[PDB]
Amino acid sequence: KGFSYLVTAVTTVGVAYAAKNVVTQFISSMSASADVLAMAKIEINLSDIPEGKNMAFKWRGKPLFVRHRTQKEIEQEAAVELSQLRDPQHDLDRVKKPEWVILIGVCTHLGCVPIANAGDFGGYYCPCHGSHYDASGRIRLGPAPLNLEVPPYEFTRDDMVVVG
Amino acid sequence: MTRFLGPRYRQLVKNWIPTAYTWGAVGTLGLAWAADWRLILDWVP
Amino acid sequence: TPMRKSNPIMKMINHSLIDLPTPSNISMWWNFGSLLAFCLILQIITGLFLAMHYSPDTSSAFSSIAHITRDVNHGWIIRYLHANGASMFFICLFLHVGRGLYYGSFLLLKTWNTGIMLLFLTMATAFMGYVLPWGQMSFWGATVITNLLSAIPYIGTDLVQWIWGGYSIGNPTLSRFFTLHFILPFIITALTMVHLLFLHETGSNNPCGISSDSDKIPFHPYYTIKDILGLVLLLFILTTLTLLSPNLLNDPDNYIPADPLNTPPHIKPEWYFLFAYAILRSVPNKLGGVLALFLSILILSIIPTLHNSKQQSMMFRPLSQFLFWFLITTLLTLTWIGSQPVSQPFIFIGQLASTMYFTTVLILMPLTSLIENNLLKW
Amino acid sequence: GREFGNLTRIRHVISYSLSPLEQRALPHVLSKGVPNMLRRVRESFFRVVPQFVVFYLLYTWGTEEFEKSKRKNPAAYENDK
Amino acid sequence: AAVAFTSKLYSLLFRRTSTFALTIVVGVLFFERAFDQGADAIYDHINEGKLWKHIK
Amino acid sequence: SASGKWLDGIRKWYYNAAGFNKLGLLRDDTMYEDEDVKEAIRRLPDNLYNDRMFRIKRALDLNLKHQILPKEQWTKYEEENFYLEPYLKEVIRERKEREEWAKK
Ligand SMILES: CCCCCCCCCCCCCCCCCC(=O)OC[C@H](COP(=O)([O-])OCC(O)COP(=O)([O-])OC[C@@H](COC(=O)CCCCCCCCCCCCCCCCC)OC(=O)CCCCCCCCCCCCCCCCC)OC(=O)CCCCCCCCCCCCCCCCC
Ligand SMILES: CCCCCCCCCCCCCCCCCC(=O)OC[C@H](COP(=O)([O-])OCC[N+](C)(C)C)OC(=O)CCCCCCCCCCCCCCCCC
Ligand SMILES: CCCCCCCC/C=C/CCCCCCCC(=O)OC[C@H](COP(=O)(O)OCCN)OC(=O)CCCCCCC/C=C/CCCCCCCC
Ligand SMILES: CCCCCCCC/C=C/CCCCCCCC(=O)OC[C@H](COP(=O)(O)OCCN)OC(=O)CCCCCCC/C=C/CCCCCCCC
Ligand code: HEM
Ligand code: HEM
Ligand SMILES: O=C1C(=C2CCC(c3ccc(Cl)cc3)CC2)C(O)=C(O)c2ccccc21
Ligand SMILES: O=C1C(O)=C([C@H]2CC[C@H](c3ccc(Cl)cc3)CC2)C(=O)c2ccccc21
Ligand code: FES
């Protein structure tokens, strides 16, 4: 009995190997193709952005906000109590220069684009299910779990910034 | 249900426990082997 | 023997819809299954025609539909028929479910479970058709529905990116929507056949909830002509909707092509979905919201388990009836709330409506059934 | 399986029928059918209607409230300066 | 009498279906890696000097 | 005490609201035929079985004709017959006994 069952065991082992390989390559057919995965950088000229203006740029398929904040906004964003936040963070943890803030304009709940200068908090409002953000991009009301994402950047001129 | 509280059912469950955890081992290791799940497979020598 | 009974294919047809024994006393509420089948057939035909002119590419989808409605001979009415047939399909579906909740036909377990499967499939199909025009509403609908799987804690984001085929919604996703929308209706067809196979092993329940084997009549000629009458009525309504008032259910924001950089200020899905949307809007937590969204439909599967009554139908059970109609009004309320901005009155009203929906299905009906039993002294 | 030969067991029931061509299709509408419909409406009125009335009141209230909320409050400018 | 190899193999592993299945998954885990490595070695060896991995 | 008259009052109200009496039907006619109920129906003597069958057919015919009996012929709350209850209680006892044997 042992010998006859050993044969079956070995056969099954080989069949399992072949099946794994076939199924997995079929599955990897549906992942991103080798012409979709480009990742470029983007350069923004800041002297075309007035004070109080939120500009949106297309980057890697999604909006990129650049906001030129006024002085009272810089002041009132610092007053916030970090204990009353679901994703606590200070403003200076989120900007390199106080009068500029750069964000990825995608809502952290289910992906809609927040409208600027709307909501209860002077920041952004998302119409899809009702989440409010402040001018630091911090989540203040509604179902979203996280703050708006900050990309890597650096200033190459006092009027030029590169996001990459 | 309330029917299945009693001695026979306790004995009957004890009879099948080992087979149950053996099938559990089979399923777990198979899932890991199939999805190249490094969380488990990195500990295999 | 007659040829009617000479042969397996013919004898199956005969057992299905010639010599089948049907209850004598079933009412109009039993016509909506045949209308559902009719609607499925209509959709498949009009879809096969549209298919031969549509373009599953984000740089021409919109304009292909423009081409269909302006240059193809009578293409506009074919478009109109497809779009209105979907609406009729869901009207019949909702009424079909409600019957069975009222008259206790969920005690046919196999039929009920296959019905739940069919509901799910039809909803998937309808949604994946709604994004094909690539208008401004279609795009953001796609976006939300494909971000839903981000709520799965360990593997979600990767699932989202594997369904997109890239870093974002784009050309590779539209062809996926179109392939799936093409194939699903036929799976629906096969499962419908299984559904009826299961049904014909027992036969139809009836309004009184008592056994009808003393008064069975044959399906032909009685219910043949009755269902033909129902179909004539449905066609009258469908034509009036298609030709006399085509813009009644139409949405202007889907006549603006897609813009990945701007979501419009006021968001509203297709009407047969509003209620789910409201439910999704009512929970201040992501995971909890999605869980509620799916449970709202999956809860039908445990209604057979919570049944306490000695009698099957609500025909003789008045307290029960009162609760039934209250539940229907809760659903109307969710539909109305779904149409409104996310502002405070509607937020609060929606939360109450949701809690009352689940409450009613899970608690109030079981308890009223026990009270009723006690009043009849058993 | 289920077939008109052996569904159930019955004894001592008599039936009588006419042919369709012997009788009228709509024999008595206004002398019998109309009152019957009326009682049929009576027997269900109070089990269905009040819930919908309550829905209507809720709808109108919520609409009115939302529309009030959008009008400017004089005390927001008059109170302090 | 004669504790022989296949009899021990039957009695310890193959007698019970769950354990048979477990044996199979455990064997495939190790077969896969050994087999891949051997094949890649042979392949690399057949055409040394012509693959860009080493020319790199 | 009065509580008996009060409970019987609400019970009569619920009975008239249910309306199976308008069709000429008894309460025990209206049960759903689960396993135990079918076995209790198997045990009936012939006269009760035949009476039940005719009553049910008659209700079905009326329902077909969207009609009801004359008020004079409605089933009254104070003179009804629970003909099936006894048999059902025995069936349920037997099943309970078997269950209880099955857990030892
Ligand atoms: C520009 C567009 C133009 C569009 C034109 C459209 C024209 C449509 C023509 C349609 C003709 C249909 C003919 C069918 C014949 C079939 C014969 C048959 O066998 O029937 C059996 C079938 C019943 O089946 P059954 O076997 O008895 O079983 C049913 C139940 O189980 C039985 O249970 P029960 O016995 O317990 O029930 C008794 C009672 C139960 O009663 C109750 O529950 C109580 C009801 C009380 C109501 C009280 C009044 C209202 C509430 C007020 C409350 C107080 C408010 C206080 C407020 C206070 C505020 C402070 O129910 C009834 O008796 C119901 C009878 C009436 C049915 C009405 C059907 C309406 C269809 C509408 C179609 C709309 C779409 C059209 C297309 C539009 C395209 C744009 O129907 C009938 O017997 C009735 C046939 C006649 C129906 C005529 C309908 C005409 C509709 C015309 C609409 C025109 C306007 C459209 C507006 C569109 C807006 C977008
Ligand atoms: C969801 C995706 C991931 C899923 C991963 C699955 C994990 C579990 C895998 C288990 C594999 C081994 C199971 C063996 C069960 C044998 C039972 C039996 O009856 O055996 C005796 C039978 C009959 O043997 P017999 O009749 O000679 O004698 C048996 C008698 N006893 C038991 C006493 C010895 O043998 C068979 O014929 C069994 C054939 C099994 C063939 C299985 C093929 C492999 C399929 C799974 C692997 C591929 C997965 C790919 C995933 C890809 C993901 C991207
Ligand atoms: C050239 C221009 C077009 C000309 C078209 C001419 C045809 C017009 C339409 C005619 C429709 C058919 C009418 C006659 C059907 C007769 C059926 C028959 O005899 O079979 C009945 C009998 C019933 O079965 P039982 O119940 O067992 O009977 C036992 C009785 N105690 O047999 C059957 O089971 C049915 C058999 C059906 C046969 C049907 C044959 C159809 C022929 C159609 C030809 C069309 C030609 C078109 C040509 C177009 C130009 C190239
Ligand atoms: C394009 C926009 C579409 C909007 C949505 C449309 C679908 C929803 C429509 C809601 C209103 C439906 C009203 C239907 C008529 C009601 C008439 C009425 O009350 O009559 C009561 C009369 C009483 O008869 P009996 O108790 O049998 O005894 C009489 C014999 N002696 O009939 C009934 O009670 C029959 C009730 C059958 C079920 C009706 C279901 C209606 C609503 C169904 C859809 C609701 C949404 C989905 C619900 C399920 C969700 C899980
Ligand atoms: C494409 C979708 C569906 C189709 C085509 C379909 C078709 C049918 C048809 C033709 C009948 C014959 C009897 C009748 O018309 O009432 C029927 C009965 C039935 N359907 Fe479906 N149905 C669908 C979806 C559903 C759903 C969503 C449910 C429940 C959630 C359901 C549950 C039932 C039940 C329980 C019955 C038998 C009830 C009785 O006879 O009393 N079906 N269906
Ligand atoms: C249950 C069956 C079906 C349902 C519920 C359904 C639903 C829908 C809906 C709601 C739309 C969008 C309507 C609009 O944008 O105005 C649509 C579009 C479309 N469907 Fe169907 N459909 C079904 C079957 C099919 C089938 C079988 C095909 C086969 C090819 C098909 C092909 C198409 C095409 C090409 C479009 C895009 C054309 C357009 O938007 O007008 N459909 N479908
Ligand atoms: O309409 C049907 C029905 C069926 C009739 C034929 C229909 C149909 C639909 C499409 C085609 Cl191509 C042929 C027949 C499908 C539904 C069916 O099976 C029942 O059992 C039933 C029971 C009570 C009341 C109505 C029905
Ligand atoms: O914000 C939304 C949204 O939340 C949904 C939702 C509606 C409910 C849907 C749904 C999902 C699953 C089931 Cl079982 C039923 C409905 C999912 C998409 C939309 O349909 C939509 C369409 C267009 C723009 C924005 C949106
Ligand atoms: S997508 Fe922004 S609140 Fe849901």
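Here is the naming used below: chain letters follow the sequence lines, and residue numbers restart at 1 for every chain. This depiction is restricted to one part of the PDB entry, and every contact reported falls within that part. Counting starts at 1 for both ligands and their atoms, following the listed order.
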- Item | Drug at ligand 8 from mofezolac, naltrexone, alogliptin, atovaquone | atovaquone
- Message: I'm curious which macromolecule has the most heavy-atom contacts with atovaquone (ligand 8) - what does the PDB entry call it?
- Response: Cytochrome b
- Query: What other chains come closer than 4.0 Å to atovaquone (ligand 8) by at least one heavy atom?
  - Reply: A, C
- Message: Considering C/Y277, C/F139, C/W140 one by one, which has a heavy atom nearer to atom 7 (C) of atovaquone (ligand 8) than any of the others?
- Response: C/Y277
- Just which atoms of atovaquone (ligand 8) are under 4.0 Å from any heavy atom in C/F273? 16 (C)
- Starting from atom 11 (C) of atovaquone (ligand 8), find the nearest protein heavy-atom neighbour and note its residue, name and distance. C/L293 CD2, 4.2 Å
- Item | Atoms of atovaquone (ligand 8) close to C/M123 [distance to a heavy atom under 4.0 angstrom, numbered from 1] | 14 (Cl)
- Message: Show me which atoms of atovaquone (ligand 8) lie under 4.0 Å from any heavy atom of C/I267.
- Response: 24 (C), 25 (C), 26 (C)
- Can you tell me the protein heavy atom closest to atom 19 (C) of atovaquone (ligand 8) and the distance? C/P269 CB, 3.8 Å
- Check each atom of atovaquone (ligand 8) against the heavy atoms of C/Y130 and keep those under 4.0 Å away; list them by number with element. 22 (C), 23 (C)
- Query: As deposited, does any covalent linkage tie atovaquone (ligand 8) to a residue, and which atom would that be?
  - Reply: none
- Identify the organism from which chain C comes, per the entry. Chlorocebus sabaeus
- Item | Numbered atoms of atovaquone (ligand 8) (with element) below 4.0 Å of C/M137, judged on heavy atoms | 23 (C)
- What protein heavy atom sits nearest atom 18 (C) of atovaquone (ligand 8), and how far away is it? C/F127 CE1, 3.8 Å
- Entry name of chain A: Cytochrome b-c1 complex subunit Rieske, mitochondrial
- Per-residue contact class, C/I297 against atovaquone (ligand 8) - non-hydrogen pairs under 4.0 Å: side chain
- Which atovaquone (ligand 8) atoms, with their elements, are less than 4.0 angstrom from a heavy-atom of C/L280? 4 (O)
- Message: Among all the protein's non-hydrogen atoms, which is closest to atom 4 (O) of atovaquone (ligand 8), and how far away is it?
- Response: A/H129 NE2, 3.0 Å
- Item | Shortest protein contact, atom 6 (C) of atovaquone (ligand 8) (heavy atom only) | C/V144 CG1, 4.5 Å
- Query: atom 22 (C) of atovaquone (ligand 8): which protein heavy atom is closest, and how many Å away?
  - Reply: C/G141 CA, 3.5 Å
